[PDB]
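In this PDB entry you will find elacridar.
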Amino acid sequence: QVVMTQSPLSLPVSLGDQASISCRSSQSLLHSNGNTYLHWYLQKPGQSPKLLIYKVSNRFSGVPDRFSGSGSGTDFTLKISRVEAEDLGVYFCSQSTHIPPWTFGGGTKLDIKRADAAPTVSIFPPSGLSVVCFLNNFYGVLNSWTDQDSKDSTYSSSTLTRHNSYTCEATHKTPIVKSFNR
Amino acid sequence: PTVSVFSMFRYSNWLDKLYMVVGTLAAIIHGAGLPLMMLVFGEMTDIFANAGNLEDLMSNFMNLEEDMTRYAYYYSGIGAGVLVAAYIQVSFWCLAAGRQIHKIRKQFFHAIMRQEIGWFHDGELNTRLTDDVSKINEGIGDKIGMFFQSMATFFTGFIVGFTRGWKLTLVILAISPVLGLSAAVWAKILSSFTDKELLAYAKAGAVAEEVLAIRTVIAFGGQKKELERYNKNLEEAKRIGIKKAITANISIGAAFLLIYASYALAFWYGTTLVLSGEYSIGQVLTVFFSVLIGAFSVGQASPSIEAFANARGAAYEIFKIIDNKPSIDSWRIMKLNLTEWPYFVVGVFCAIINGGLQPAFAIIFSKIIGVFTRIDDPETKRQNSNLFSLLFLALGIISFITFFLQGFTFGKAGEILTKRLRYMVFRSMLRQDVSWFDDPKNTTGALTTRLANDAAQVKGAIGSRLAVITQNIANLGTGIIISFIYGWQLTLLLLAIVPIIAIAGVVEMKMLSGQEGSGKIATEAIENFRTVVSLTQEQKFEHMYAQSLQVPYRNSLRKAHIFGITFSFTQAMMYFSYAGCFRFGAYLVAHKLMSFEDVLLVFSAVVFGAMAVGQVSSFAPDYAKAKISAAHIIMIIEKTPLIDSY
Amino acid sequence: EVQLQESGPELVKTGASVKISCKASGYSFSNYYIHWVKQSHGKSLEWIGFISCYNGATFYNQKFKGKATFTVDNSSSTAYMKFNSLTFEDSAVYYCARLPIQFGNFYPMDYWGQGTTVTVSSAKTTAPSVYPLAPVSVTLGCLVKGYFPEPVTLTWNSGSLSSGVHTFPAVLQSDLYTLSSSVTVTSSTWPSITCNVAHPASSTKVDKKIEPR
Ligand SMILES: COc1cc2c(cc1OC)CN(CCc1ccc(NC(=O)c3cccc4c(=O)c5cccc(OC)c5[nH]c34)cc1)CC2
Ligand SMILES: COc1cc2c(cc1OC)CN(CCc1ccc(NC(=O)c3cccc4c(=O)c5cccc(OC)c5[nH]c34)cc1)CC2
Ligand SMILES: COc1cc2c(cc1OC)CN(CCc1ccc(NC(=O)c3cccc4c(=O)c5cccc(OC)c5[nH]c34)cc1)CC2
Ligand SMILES: CC(C)CCC[C@@H](C)[C@H]1CC[C@H]2[C@@H]3CC=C4C[C@@H](O)CC[C@]4(C)[C@H]3CC[C@]12C
Ligand SMILES: CC(C)CCC[C@@H](C)[C@H]1CC[C@H]2[C@@H]3CC=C4C[C@@H](O)CC[C@]4(C)[C@H]3CC[C@]12C
Ligand SMILES: CC(C)CCC[C@@H](C)[C@H]1CC[C@H]2[C@@H]3CC=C4C[C@@H](O)CC[C@]4(C)[C@H]3CC[C@]12C
Ligand SMILES: CC(C)CCC[C@@H](C)[C@H]1CC[C@H]2[C@@H]3CC=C4C[C@@H](O)CC[C@]4(C)[C@H]3CC[C@]12C
Ligand SMILES: CC(C)CCC[C@@H](C)[C@H]1CC[C@H]2[C@@H]3CC=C4C[C@@H](O)CC[C@]4(C)[C@H]3CC[C@]12C
Ligand SMILES: CC(C)CCC[C@@H](C)[C@H]1CC[C@H]2[C@@H]3CC=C4C[C@@H](O)CC[C@]4(C)[C@H]3CC[C@]12C
Ligand SMILES: CC(C)CCC[C@@H](C)[C@H]1CC[C@H]2[C@@H]3CC=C4C[C@@H](O)CC[C@]4(C)[C@H]3CC[C@]12C
Ligand SMILES: CC(C)CCC[C@@H](C)[C@H]1CC[C@H]2[C@@H]3CC=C4C[C@@H](O)CC[C@]4(C)[C@H]3CC[C@]12C
Ligand SMILES: CC(C)CCC[C@@H](C)[C@H]1CC[C@H]2[C@@H]3CC=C4C[C@@H](O)CC[C@]4(C)[C@H]3CC[C@]12C
Ligand SMILES: CC(C)CCC[C@@H](C)[C@H]1CC[C@H]2[C@@H]3CC=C4C[C@@H](O)CC[C@]4(C)[C@H]3CC[C@]12C
Ligand SMILES: CC(C)CCC[C@@H](C)[C@H]1CC[C@H]2[C@@H]3CC=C4C[C@@H](O)CC[C@]4(C)[C@H]3CC[C@]12C
Ligand SMILES: CC(C)CCC[C@@H](C)[C@H]1CC[C@H]2[C@@H]3CC=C4C[C@@H](O)CC[C@]4(C)[C@H]3CC[C@]12C
């Protein structure tokens, strides 16, 4: 029942650069036969997860030399030398030493690193009550999140469904507040 | 000068034709039984391997016995079918051959008594009557069934291999030609072994019978001259025998090495395919065993064609004669070979090593299959399979070397002993007196057969016996010990059928090998043909011949059925051994008292150990006859004459 | 070319049962186990169990024992995973992977299926409610509320306005989905546009023009 912990849930990278994804196990993954059975798979949206690395460092047949694996014990690392456009996805690790329960890592999505940005936070009163907040282009509550756009690689909403003071705090890591009265 | 193919069965009626047709049908059915058995064996091996892999995976056999009941049923069904088919084939072909040979004998003697005085040509006619009909019998008898059974085995094995795994089937096809060629050479050497031993001595036998046919030699005092004349041809015969002991043994050792190298190559490629995930170990077993046994059988059935051609040749003259329309129309023994202890030591060592080759093969085979009945790292599995393939190749090399060495050493010791015994016997006979030569127990024929047979049979009570016993011990004793170490319950069960498996091997070797009154009337008629044709006793002599043939005819017609049933039962026992052994093995593996590796080890070391024991013991000569001939030779050597002429 | 083709996405009702498939091609089917894995949204993959493609022997995770059943059809060389008494916590993406029988757990899951999306919900078909959103550059947008099931092909000006649009993914709001859309256009074009929502499952087409407050 090994609990595999992937250190970076999200990892922003850039084209033609090195990326490193870490994996930590709650128990030593070295087998009695001297081998460590940790494998790295890549999963793209809507496609089957593809085996990249197996047994810590061995490259699967067909995988380019871009991908390398290292580590031992309870600390492993997958390294991509030059992040190409065909490498964006979810990289997850998997152990096979301690079964029946095959366990997998949480996964690591590769975001594309660009310049920092600030959201264009706007609000809208109802036109059934429902106040919406649109936080576009940044780097009873119900939230949704868009994916990284292909053009500028930027994220973009909230909905609350009395009191006249209705505000929305946008405490980004770069706070912004927008207010409106009925 | 041979007769037509469809002219040799001219004396076969509707019953003989039906016998031949049903016999070849049953022979095809019997030949198609071993590849089907290998298919079932591969499926059962796959069951065992999958169960073992799943058990090794879920560490931290519930359907095995139920699944093995079905395969025991399949084994038993194939065994009963093989029983029936082999009985039908053997019995029917034997019956057809016997009836046709009876008719041929009667017609030949009828025509011989019908010839003219100007026709009556030699000796030669008697030898024709007693040997050409036996040649026809050997040619039109069980050997046609052998040929059809082996053709069926070859075709069925290759069809099974191609339908089960065509890549491995092609890989073993690439070596099938040399396998069939080695099997054919093996069969030819085994079939023409005694005839060549007679041909080697045929030169010295003429000098022996000419000198012994003796008063002139005693009077003129040329005993030393004739002794050296005999000793020269004895040297020649000994040289020819040593050359044969080299050649036959190196050929059969090359055949053994080829078998084991085929094992090595086929298992290396099959383990590659299994580790790649394309094949299963049971599929590999099925393909390999089917194709290999078929390729061996297709070469094993090569002396049948030679026997058929010899039958045509022998029947040509007989049919010409019977179609002639004449004008008129009316410690003490071992000491004898004590000077060959350097040969005997090497022979015993090589026989020990050769006998120990079967348990070593059992161990290596069980280990290479048990590699795939457990789960492990891919690299570890590949390394183990490579090591065991190399071990198969080493087994083959050691088999070649030790087989050739044992054969050559024992054959050279036997040839030296035979030459020495013949020389001393001829010297003591030349030293004897006319009072000894007049004794009607000392006939010229009896003395010549003492020189030709007894002197050549004494080695059967020393080297042959010692080699056979040593090999059979080093094989079966070590196999039984290892099987008791690894799985004593399965060993105790298989010990009950060990004797039947050894007897099956013996009976099958004798079956592949093919192992008085009427002759007297015939030779008297041929010798006194002038007086017979004067007294017009042709029809009466025909009657006496036909009445003297009746008891041998009935004996042959009964021995047909007897040998058919015993051969079929001994063949079906080899099939029932699978069912019994692997049913008990399924029980013991499900109850965790043993593993499939140890089951395979016990099987291969006990069942096939006993089969090899039987195959080897089929070559052992008669020990009682050998000791009687040794006593005869010793008394003639130690006989001292009264009127000494030396 | 090893391929493990899985069935399409399936939307079922709560408490019912459903059987998903994984058809293998390009290799010896009977030499591998087929493992089943479950991935919920925002969660790591979780191993359900495996079946032997040789005879059909199964092993289940102790959590899923009883509510999942593995079967195999060696003729068509397919594996099947059947649920029993489905529930909301069963809505996830289910993958099939192959594992060599010769090296169990000593060898990775080399090939996987593309995944089968199973959405379990008891709600019935509903009509989407469209609500414009205008302020008190100009940002506008019409929100879709209380529709079922997926999807709704929202569009701005029937495709003639495809730049500066942000259609956020639909999120479940008490057995009914909610979707939003944003459009930022220069201050000259508004209030001097129309959003079209199309729900094919209910066969609804609603066109709404944004009007200033
Ligand atoms: C009819 O021909 C022959 C007759 C004889 C001999 C050789 C012949 O032919 C070469 C050797 N004489 C001397 C005693 C003697 C010494 C050693 C052996 N041990 C062997 O392993 C052997 C040796 C020769 C041939 C074979 C096989 O063919 C053979 C075939 C299948 C299976 C076998 O074992 C598993 C075989 N084993 C042998 C046998 C016997 C006895 C008479
Ligand atoms: C380790 O694995 C394996 C090992 C082995 C085998 C298979 C394996 O794996 C599948 C096959 N064995 C196979 C042995 C093997 C070879 C050849 C034969 N032919 C004959 O006897 C034979 C055939 C035809 C005509 C005649 C005769 O006119 C004849 C006349 C007189 C005396 C004879 O003899 C005593 C005669 N004999 C024959 C039998 C048996 C070898 C070892
Ligand atoms: C129903 O079974 C059988 C029926 C018959 C025979 C053999 C059978 O069993 C294989 C022999 N036939 C006549 C041709 C003939 C002669 C000899 C052989 N020599 C061998 O195969 C063999 C030799 C030595 C060692 C071993 C093994 O350590 C061994 C271990 C596991 C499995 C095996 O084989 C499936 C093994 N084999 C052998 C084959 C064929 C007549 C009927
Ligand atoms: C397994 C099956 C197919 C075998 C069938 C074999 C049949 C066709 C054979 C086997 C023994 C044969 C019998 C043997 C002897 C005789 C005596 C003879 O004066 C007339 C024919 C007759 C009565 C034969 C008839 C056909 C027969 C019964
Ligand atoms: C005289 C008679 C027995 C000759 C005919 C031989 C027959 C019975 C043999 C020859 C080839 C054999 C087939 C070879 C391969 C396979 C595929 C396997 O997955 C099932 C059995 C099956 C389908 C075999 C059935 C039996 C078979 C058809
Ligand atoms: C002399 C012979 C014909 C007697 C009868 C033998 C019968 C019972 C045997 C011979 C070959 C056997 C077959 C060999 C192989 C297989 C494939 C396996 O996956 C299922 C069983 C099956 C299909 C066997 C069924 C039983 C079978 C047909
Ligand atoms: C003529 C002599 C030397 C050889 C006779 C047998 C030949 C035709 C056989 C024996 C081994 C066979 C090869 C065995 C395995 C493979 C791999 C497969 O993916 C393609 C076919 C291929 C490459 C086969 C081609 C045909 C082959 C070379
Ligand atoms: C000279 C006679 C007696 C024997 C000839 C044996 C030949 C045909 C055998 C021996 C070794 C065999 C090769 C062994 C391994 C491989 C690799 C595999 O991926 C394709 C087939 C291939 C390339 C085989 C082809 C056939 C082969 C070359
Ligand atoms: C069947 C007859 C005609 C020929 C057999 C000889 C050839 C084809 C076989 C016999 C033993 C075999 C070898 C056994 C073991 C090994 C070690 C492994 O790490 C690589 C392959 C290699 C080196 C095999 C190559 C093929 C081989 C050399
Ligand atoms: C000749 C008689 C008296 C005894 C014969 C003993 C034989 C069968 C025994 C003795 C020692 C054994 C070997 C001991 C160890 C190994 C290493 C293992 O990884 C493969 C088997 C192998 C190579 C064994 C093969 C069988 C073997 C050679
Ligand atoms: C586990 C141990 C005790 C097993 C010992 C097995 C012994 C007793 C067996 C194995 C091989 C056997 C021999 C095999 C062949 C022959 C030739 C025959 O013409 C006389 C018996 C004789 C000479 C047998 C005697 C008994 C024998 C030596
Ligand atoms: C050569 C023979 C006669 C030696 C004597 C043993 C023979 C008779 C065989 C036949 C049946 C066999 C038994 C069959 C089943 C079992 C149950 C198992 O859990 C232990 C072994 C045991 C008890 C076997 C012992 C050996 C046994 C008794
Ligand atoms: C329990 C142990 C000792 C094994 C049992 C002994 C077996 C293998 C022995 C005991 C008696 C032996 C038989 C004794 C005599 C002959 C006649 C000979 O022309 C061929 C071998 C043959 C047929 C032997 C075969 C092997 C044999 C059956
Ligand atoms: C009398 C002649 C023809 C045969 C003598 C041996 C017979 C009776 C023996 C040999 C092997 C035996 C089989 C071995 C194993 C099993 C499996 C078991 O679950 C049911 C009985 C069954 C199927 C046996 C039936 C009887 C059997 C076929
Ligand atoms: C008589 C001997 C020499 C040959 C035939 C052996 C046969 C009859 C033997 C060998 C193994 C045996 C089986 C071994 C174990 C069990 C389990 C037990 O709970 C019921 C009987 C059963 C199923 C036996 C039935 C008989 C059996 C199949």
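Sequence lines map to chains A, B, C, ... one by one, in the order shown. Just so it is clear, chain A uses the PDB entry numbers, and the residues here are 1-127, 135-146, 164-180, 182-186, 194-206, 210-217, in order. Since chain B takes its numbers from the PDB entry, the residues it shows come out as 32-91, 104-163, 166-167, 169-259, 261-377, 698-882, 891-1021. By the numbers in the PDB entry, the shown part of chain C spans 1-136, 144-199, 202-222. All ligand and atom numbering here is 1-based and tracks the order in the structure. The figures here come from the full heavy-atom set of this structure, side chains too, leaving out hydrogens, waters and symmetry mates.
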### Message
Do you know where to find elacridar in this model, all copies counted?
### Response
ligands 1, 2 and 3
### Query
What is the name in UniProt of the chain with the largest share of contacts to elacridar (ligand 1)?
ATP-dependent translocase ABCB1
### Chain letters near elacridar (ligand 1) (heavy atom < 4.0 Å)
B
### Message
Below 3.5 Å, N or O to N or O, backbone or side chain included: is there any such pair between B/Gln990 and elacridar (ligand 1)?
### Response
no
### Query
Using heavy atoms and a threshold below 4.0 Å, how should the contact between B/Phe239 and elacridar (ligand 1) be classified: side chain, backbone, both, or neither?
side chain
### Query
Which transmembrane segments of chain B are near elacridar (ligand 1), taking near to mean a heavy atom under 4.0 Å and numbering the segments from the N terminus as in UniProt?
4, 5, 7, 8, 9, 12
### Query
Side chain, backbone, both or neither: which part of B/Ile299 has a heavy atom under 4.0 Å from elacridar (ligand 1)?
side chain
### Message
As an exercise, identify every atom of elacridar (ligand 1) less than 4.0 angstrom from a heavy atom of B/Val991.
### Response
34 (O), 35 (C)
### Message
When you measure from atom 13 (C) of elacridar (ligand 1) to the protein, is at least one non-hydrogen atom found at a distance under 4.0 Å?
### Response
yes
### Query
Is the closest N or O pair between B/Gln838 and elacridar (ligand 1) shorter than 3.5 Å?
yes
### Query
Can you tell which part of B/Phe777 has a heavy atom less than 4.0 Å from elacridar (ligand 1): side chain, backbone, both or neither?
neither
#### Entry: Sub-4.0 Å protein heavy atom next to atom 21 (O) of elacridar (ligand 1)
yes
### Message
Give the atom numbers and elements of elacridar (ligand 1) that come within less than 4.0 Å of a heavy atom of B/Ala834.
### Response
16 (C)
Pick out the protein N or O atoms lying less than 3.5 Å from any N or O of elacridar (ligand 1), and list each pair with its distance.
| residue | atom | partner | partner atom | Å |
| --- | --- | --- | --- | --- |
| elacridar (ligand 1) | 19 (N) | B/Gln838 | OE1 | 2.7 |
| elacridar (ligand 1) | 21 (O) | B/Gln838 | OE1 | 3.2 |
| elacridar (ligand 1) | 21 (O) | B/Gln838 | NE2 | 3.2 |
| elacridar (ligand 1) | 28 (O) | B/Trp232 | NE1 | 3.0 |

